[PDB]
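Here the structure is laid out as structure tokens; the discussion comes afterwards.
In what follows, chains carry the letters A, B, and so on, assigned in the order in which the sequence lines appear, proteins first and then strands, with residues in each chain numbered from 1. Heavy atoms only: backbone and side chains are in, while hydrogens, waters and symmetry mates are out. One-based numbering, in listed order, for ligands and for the atoms of each. The deposited model was determined using X-ray crystallography, 2.1 Å.
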Amino acid sequence: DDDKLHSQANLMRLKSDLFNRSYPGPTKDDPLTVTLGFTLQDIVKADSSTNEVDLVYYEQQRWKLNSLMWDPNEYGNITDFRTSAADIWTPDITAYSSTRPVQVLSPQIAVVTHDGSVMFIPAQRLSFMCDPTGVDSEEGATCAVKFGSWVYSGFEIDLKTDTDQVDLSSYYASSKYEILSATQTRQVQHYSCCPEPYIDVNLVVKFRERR
Amino acid sequence: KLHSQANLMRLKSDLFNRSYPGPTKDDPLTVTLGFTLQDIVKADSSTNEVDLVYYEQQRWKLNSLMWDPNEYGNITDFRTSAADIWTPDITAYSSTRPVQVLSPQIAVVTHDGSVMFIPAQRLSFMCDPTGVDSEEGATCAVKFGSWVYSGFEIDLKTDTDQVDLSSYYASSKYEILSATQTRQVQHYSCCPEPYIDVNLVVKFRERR
Amino acid sequence: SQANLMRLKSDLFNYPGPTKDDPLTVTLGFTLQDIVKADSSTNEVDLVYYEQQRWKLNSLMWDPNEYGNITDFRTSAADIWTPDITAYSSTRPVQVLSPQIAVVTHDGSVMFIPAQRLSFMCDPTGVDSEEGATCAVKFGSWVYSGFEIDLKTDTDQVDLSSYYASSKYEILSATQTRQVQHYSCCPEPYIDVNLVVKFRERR
Amino acid sequence: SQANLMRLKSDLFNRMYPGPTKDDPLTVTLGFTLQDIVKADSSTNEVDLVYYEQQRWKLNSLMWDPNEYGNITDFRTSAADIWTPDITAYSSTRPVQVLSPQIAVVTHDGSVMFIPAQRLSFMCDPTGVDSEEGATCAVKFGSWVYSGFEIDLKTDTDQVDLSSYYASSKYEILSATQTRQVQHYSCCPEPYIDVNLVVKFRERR
Amino acid sequence: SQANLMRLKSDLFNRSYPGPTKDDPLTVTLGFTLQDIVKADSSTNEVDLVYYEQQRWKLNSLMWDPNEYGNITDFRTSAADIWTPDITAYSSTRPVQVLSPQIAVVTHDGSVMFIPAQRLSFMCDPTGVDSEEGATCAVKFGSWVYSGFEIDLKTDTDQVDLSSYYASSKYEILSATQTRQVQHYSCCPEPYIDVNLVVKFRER
Ligand SMILES: COc1ccc2cc1Oc1cc3c(cc1OC)CC[N+](C)(C)[C@H]3Cc1ccc(cc1)Oc1c(OC)c(OC)cc3c1[C@@H](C2)[N+](C)(C)CC3
Ligand SMILES: COc1ccc2cc1Oc1cc3c(cc1OC)CC[N+](C)(C)[C@H]3Cc1ccc(cc1)Oc1c(OC)c(OC)cc3c1[C@@H](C2)[N+](C)(C)CC3
Ligand SMILES: COc1ccc2cc1Oc1cc3c(cc1OC)CC[N+](C)(C)[C@H]3Cc1ccc(cc1)Oc1c(OC)c(OC)cc3c1[C@@H](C2)[N+](C)(C)CC3
Ligand SMILES: COc1ccc2cc1Oc1cc3c(cc1OC)CC[N+](C)(C)[C@H]3Cc1ccc(cc1)Oc1c(OC)c(OC)cc3c1[C@@H](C2)[N+](C)(C)CC3
């Protein structure tokens with residue numbers, strides 16, 4: 001009950017050291033790479049009257065800041081902590097073809113590790129632009145939606161995925177829709193309009209009515 | 001009475017302007033979870049969503065919240081807003097829509113440092129209701145647990161294997177065949193932490 | 001006189017809820033305005049009503065004589081404690097239709113009357129018959145036991161003087177009744193006001 | 001310019017009107033501009049309107065003299081910055097949805113103009129809408145918590161402004177009026193004042 | 001450098017805009033990028049449009065010398081933290097739904113660029129959308145509270161950007177125009193400015 005009082009005291013001081021003394025977001029001089037991963041849980045609805053499809057997925061977001069690092073030794077072997085997302089800067093990762101505000105299904109809480117890495121995994125329901133024509137056929141339908149920063153250019157936020165394969169191991173086994181394939185791919189595009197690169201992660205999902 | 005009010009504000013002030021940042025590997029917390037199913041409102045076989053109304057009883061206990069009632073005018077408990085205290089981030093793992101909260105976000109803290117919080121909710125979750133119009137009915141399942149704490153920081157426990165059905169609405173469109181809540185612990189090659197959840201399985205069918 | 005009002009509000013504000021030794025009695029009453037919807041596919045009924053709430057606090061007494069003949073004021077419900085009155089068989093969050101503003105009287109009584117839309121559990125079978133349908137929903141505190149909060153009605157007649165004359169549904173009767181319940185599981189009384197409405201398709 | 005304005009506001013907002021009282025009652029003028037009858041639902045007896053509600057009142061505690069403030073005669077301010085009346089429809093079926101910025105104009109004479117655009121669902125039986133006669137519905141507007149002892153209401157005209165009514169609405173407008181009324185109930189000594197919005201309308205042809 | 005930015009932000013905000021006035025009017029630039037007509041409801045005559053508005057204005061109190069601040073030329077700030085123009089649709093039938101983060105980019109010249117993505121329901125008779133010639137609807141945008149003496153609204157370009165319009169929408173766009181309109185009304189000596197967006201569209 002004195003180890004425990006002492007360990008709490010260490011956590012509160014770490015959080016005050018990082019949060020109260022000592023983040024404006026990335027700049028071209030100090031750019032940030034966010035690692036993104038999708039875990040598709042369900043294609044919930046495919047609306048052929050409006051060409052909207054609703055997905056439920058988790059989005060794992062990961063980045064690393066020097067100003068969040070600390071030494072576990074000065075803070076009682078604390079190697080990580082949970083904190084509300086409002087306590088830290090988080091990337092404005094946004095779907096570029098959503099048709100309604102994304103609905104958050106999970107607690108807005110992040111895990112900060114001693115080397116400055118942050119991991120934040122919002123579960124979400126998204127309506128996005130998609131013609132589901134062909135979903136009732138063997139070859140199925142294909143849709144795509146890009147994710148990336150809304151306001152930071154490619155000189156300030158970069159992105160990558162650890163694999164092209166969307167994680168399907170939690171995909172709902174009785175969904176109305178069967179997944180034929182689902183890929184997530186970093187894409188850098190150059191436009192003449194603009195000297196900065198446009199970076200996004202493209203999520204391509206091919207699916208059909210479960211038979 | 002004007003005195004008991006004085007003692008309540010003082011207790012609160014002592015507990016809340018003196019010194020709890022959430023559980024850690026060094027200071028883990030056991031959350032006891034129990035479900036009371038009130039209604040299955042809707043089963044949608046076009047999207048495989050089912051809507052439940054249920055109560056989620058959450059209980060945990062902290063040293064930082066204990067007091068001696070003798071020192072505070074015999075006060076043995078008090079109510080406080082859930083924003084005022086740490087609460088566990090218990091979450092359904094296969095919801096299809098944000099849960100809608102039906103009850104006041106206020107908890108009851110007891111002098112032994114136990115907290116009870118009972119959010120009533122309507123939840124849409126993933127569920128194929130095929131067979132609901134048959135004798136055998138349909139079965140669905142949804143896992144609840146911490147979103148961000150592993151089994152190293154929050155352990156979950158049930159007080160019973162049975163979901164409380166005694167308040168189930170007797171004129172629901174659906175009748176309950178069985179409703180159980182089973183703690184489960186799981187490990188993955190990738191990761192060293194245990195993951196703990198409570199699996200809510202409900203078998204149900206169209207009322208006769 | 002505006003002078004006088006700010007000074008009273010000044011004096012009074014500068015109440016953390018009831019306790020077992022300082023309990024609170026809340027008076028409830030309902031003004032049924034409309035049965036807007038009765039969905040027989042889900043057994044949900046939607047009602048629009050005013051939830052009349054009143055309680056009295058020692059804290060809020062004053063002399064209309066020490067303050068320019070000011071017998072009452074209005075204040076945002078957000079500046080004051082209000083009881084956590086909740087339906088016990090809603091299916092959706094309640095939607096509030098009116099400003100959240102309370103009226104405090106010099107006798108220390110607070111009146112707060114939100115108009116609200118509520119979906120609750122109700123089988124409307126029989127609504128297209130002469131006998132019509134009958135549904136019930138109970139209201140009461142969610143987090144205060146009957147040791148800290150008690151309830152009462154001023155009358156058992158639901159106020160129907162504002163019932164919408166052209167609703168799809170006519171009201172055959174509507175009663176509001178304080179209930180006290182005891183259960184073996186639990187050592188506090190369960191107190192609530194039960195609203196029972198009998199109604200049928202208008203003809 | 002901005003120094004004068006930032007001073008004005010600091011002065012007015014730092015030297016708060018606690019609402020009207022019986023001793024100092026307030027008159028609020030209301031008028032409606034009806035834009036559209038968006039939907040009429042005959043299964044639930046709910047009609048939806050989109051309108052602008054012009055509210056206007058006048059406080060002594062919001063007067064200033066322009067020459068002490070660089071010839072400023074008016075300013076725009078967030079409506080959460082000032083008291084605004086709790087004007088409410090008495091028979092809505094869904095929370096009212098606000099379609100415009102919650103910003104008011106204060107003028108040097110202490111008068112305030114606030115004009116929220118709103119969408120409103122309200123209790124209305126649309127029977128007869130598919131006929132030449134049309135349907136008729138009414139909704140009353142007034143203060144939720146102030147009786148006629150603290151808030152009096154008025155209109156400048158009892159004709160609803162239809163000059164902006166949408167030309168290709170599903171529903172044509174036959175007439176629309178806004179009438180101040182004073183009610184006295186046996187229960188209560190206070191007068192209750194409202195503006196009654198009555199609309200007749202039919203399916204456009 | 002992370003510190004140069006953390007100081008620039010201090011100087012501008014927590015060390016000093018009550019919006020525009022008749023003596024200090026603001027020019028605001030508006031342009032539309034249309035992304036999807038999602039739905040046209042002929043039972044209620046509403047159409048739902050997903051689109052972006054590019055807003056741009058320049059303020060003196062947002063000027064700074066780059067070489068006094070680490071060669072920082074621009075930054076990103078939350079739109080809640082700066083004044084932003086009250087640009088509103090004059091005939092929407094439901095509150096706007098915001099699809100993107102509400103973050104503006106401020107440049108050293110004091111210019112501000114803000115690009116909200118939104119879904120907007122507005123009044124629109126879709127009669128004709130199932131025929132070769134389509135249906136035509138219009139929606140005007142402008143300040144709700146500031147006349148043309150306080151906010152002077154202009155288009156950035158004369159053209160609606162259709163380059164990112166979703167190719168597999170239920171509805172094809174046959175044309176879309178954006179045009180600044182000035183009107184004098186008899187209540188008031190001030191000019192009133194809006195930008196009218198006119199869209200002709202039909203079922204794909
Ligand atoms: C200068 O502006 C742009 C440059 C380039 C494009 C759009 C542009 O339009 C805008 C983009 C963006 C914003 C505002 C825009 O206008 C005011 C704000 C937010 N960011 C900066 C993040 C992007 C977000 C963003 C939004 C739309 C977008 C790409 C990025 O559109 C595209 C697609 O996705 C829908 C797509 O997918 C298959 C394929 C293509 C495009 C666009 C790409 N076109 C057609 C040109 C080529 C092919
Ligand atoms: C220990 O728990 C309970 C004990 C007793 C009951 C419910 C219980 O379940 C809960 C009740 C309550 C809470 C949480 C509960 O679970 C953890 C939190 C909020 N309070 C404390 C305020 C009540 C709110 C409340 C909620 C449900 C409720 C009664 C009160 O259900 C009933 C009815 O209304 C739905 C009803 O109507 C005819 C008739 C009856 C009941 C219940 C009463 N049964 C069936 C048992 C007997 C008859
Ligand atoms: C917060 O305060 C109120 C909020 C809302 C209203 C009155 C209010 O004020 C009082 C209510 C009450 C009292 C005193 C009040 O203020 C000193 C004394 C006792 N109770 C607590 C029981 C109610 C009883 C009560 C008294 C008056 C009353 C409604 C209920 O007024 C109305 C009507 O009936 C007269 C009526 O009839 C068709 C229609 C309407 C109203 C009122 C309702 N408006 C205009 C707003 C809407 C339409
Ligand atoms: C003084 O009162 C008004 C005078 C003039 C009009 C509306 C009026 O109603 C109001 C307008 C406005 C407000 C409040 C109003 O009421 C108190 C708040 C602030 N702004 C400045 C934003 C306008 C916003 C505004 C709102 C509606 C509006 C025009 C402007 O309606 C019109 C249109 O479509 C929206 C349209 O295009 C098809 C064409 C026309 C109109 C109107 C213009 N008529 C028919 C008369 C002429 C041509």
Drug or drug candidate at ligand 1: metocurine
Greatest-contact chain for metocurine (ligand 1), named in the PDB entry: Soluble acetylcholine receptor
Heavy-atom contacts of metocurine (ligand 1) under 4.0 Å: other chains: A, E
Any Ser149(A) heavy atom less than 4.0 Å from metocurine (ligand 1): yes
Source organism, chain A, as recorded in the entry: Aplysia californica
Residue portion contacting metocurine (ligand 1) (non-hydrogen atoms closer than 4.0 Å) for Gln35(E): side chain
Heavy atom of the protein closest to atom 30 (C) of metocurine (ligand 1) (residue, atom name, distance): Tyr96(A) CD1, 3.6 Å
Identity and separation of the nearest protein heavy atom to atom 43 (C) of metocurine (ligand 1): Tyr191(A) OH, 3.6 Å
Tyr198(A) and metocurine (ligand 1) - part of the residue with a heavy-atom distance under 4.0 Å: side chain
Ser163(E) near metocurine (ligand 1) by a heavy-atom separation under 4.0 Å: yes
Non-hydrogen contacts within 4.0 Å of metocurine (ligand 1): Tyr96(A), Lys146(A), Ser149(A), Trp150(A), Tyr191(A), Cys193(A), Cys194(A), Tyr198(A), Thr33(E), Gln35(E), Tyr52(E), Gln54(E), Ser163(E), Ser164(E)
